[PDB]
Amino acid sequence: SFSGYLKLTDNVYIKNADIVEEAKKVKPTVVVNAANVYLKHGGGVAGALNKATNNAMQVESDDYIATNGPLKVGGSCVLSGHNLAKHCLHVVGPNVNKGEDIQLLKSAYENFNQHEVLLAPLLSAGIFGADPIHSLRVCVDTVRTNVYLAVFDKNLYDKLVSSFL
Ligand SMILES: C[C@@H]1[C@@H](NC(=O)/C(=N/OC(C)(C)C(=O)O)c2csc(N)n2)C(=O)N1S(=O)(=O)O
């Protein structure tokens, strides 16, 4: 299903791509959302994935929170993938701009290990305020299942690749 990815390790793949467009095209078993603990999908990856579901992800998420309460930072829940995927794994990476502990990034990535294959963004990057080069390192040192990383920004993609150890 997936095409055009650079192989970084035995199990981590990366591509310069819009995760929304990739989800729509591939319809993978699991797409990862870069969520917050309230599953309020306002901006960033979450805002874009939600908009691609015509707000159906937000409606489902509102029901989830009403029933179960908020996630923990570093935690996850599995919901519908709607039109993008079979399932959406909503994962909460720490938001450095809210002062959340960057050490929880490894816990966040550990959620990915419950799924054999996933399409995902770099956790805690973008508006979550962490260094994406750090995030990718934590990814490669934590995830053991097959992860296809979609990086929207071409300059960031190039830097992630060119700096990868
Ligand atoms: C240059 C990238 C920029 N990334 C983005 O803004 C990028 N958003 O998010 C992430 C998740 C990082 C991505 O590119 O996958 C995006 C989505 S739609 C658009 N026009 N740009 C960001 O703060 N950096 S930095 O290299 O980590 O400074």
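In what follows, residues are counted from 1 in the order of the sequence shown. One-based numbering, in listed order, for ligands and for the atoms of each.
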PDB drug name, ligand 1 = aztreonam
From the contacts in this model, which chain binds aztreonam (ligand 1) most extensively, according to UniProt?
-> Papain-like protease nsp3
So, does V151 sit close enough to aztreonam (ligand 1) that a heavy atom of it is under 4.0 Å from the ligand?
-> yes
Which organism is cited as the source of chain A in this PDB entry?
-> Severe acute respiratory syndrome coronavirus 2
Return a yes/no value: protein heavy atom under 4.0 Å from atom 13 (C) of aztreonam (ligand 1)?
-> yes
State the UniProt domain of chain A containing the majority of residues contacting aztreonam (ligand 1).
-> Macro 1
Is atom 8 (N) of aztreonam (ligand 1) less than 4.0 angstrom from at least one protein heavy atom?
-> no
Could you find the nearest protein heavy atom to atom 15 (O) of aztreonam (ligand 1) and give me its residue, atom name and distance?
-> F152 N, 3.0 Å
State if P121 counts as touching aztreonam (ligand 1) under the rule of any non-hydrogen atom under 4.0 Å.
-> no
Give every pair made of an N or O atom of aztreonam (ligand 1) and a protein N or O atom lying under 3.5 Å apart, one pair per line with both atom names and the distance to 0.1 Å, or write 'none'.
from, atom 1, to, atom 2, distance (Å)
aztreonam (ligand 1), 14 (O), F152, N, 3.4
aztreonam (ligand 1), 14 (O), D153, N, 3.0
aztreonam (ligand 1), 15 (O), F152, N, 3.0

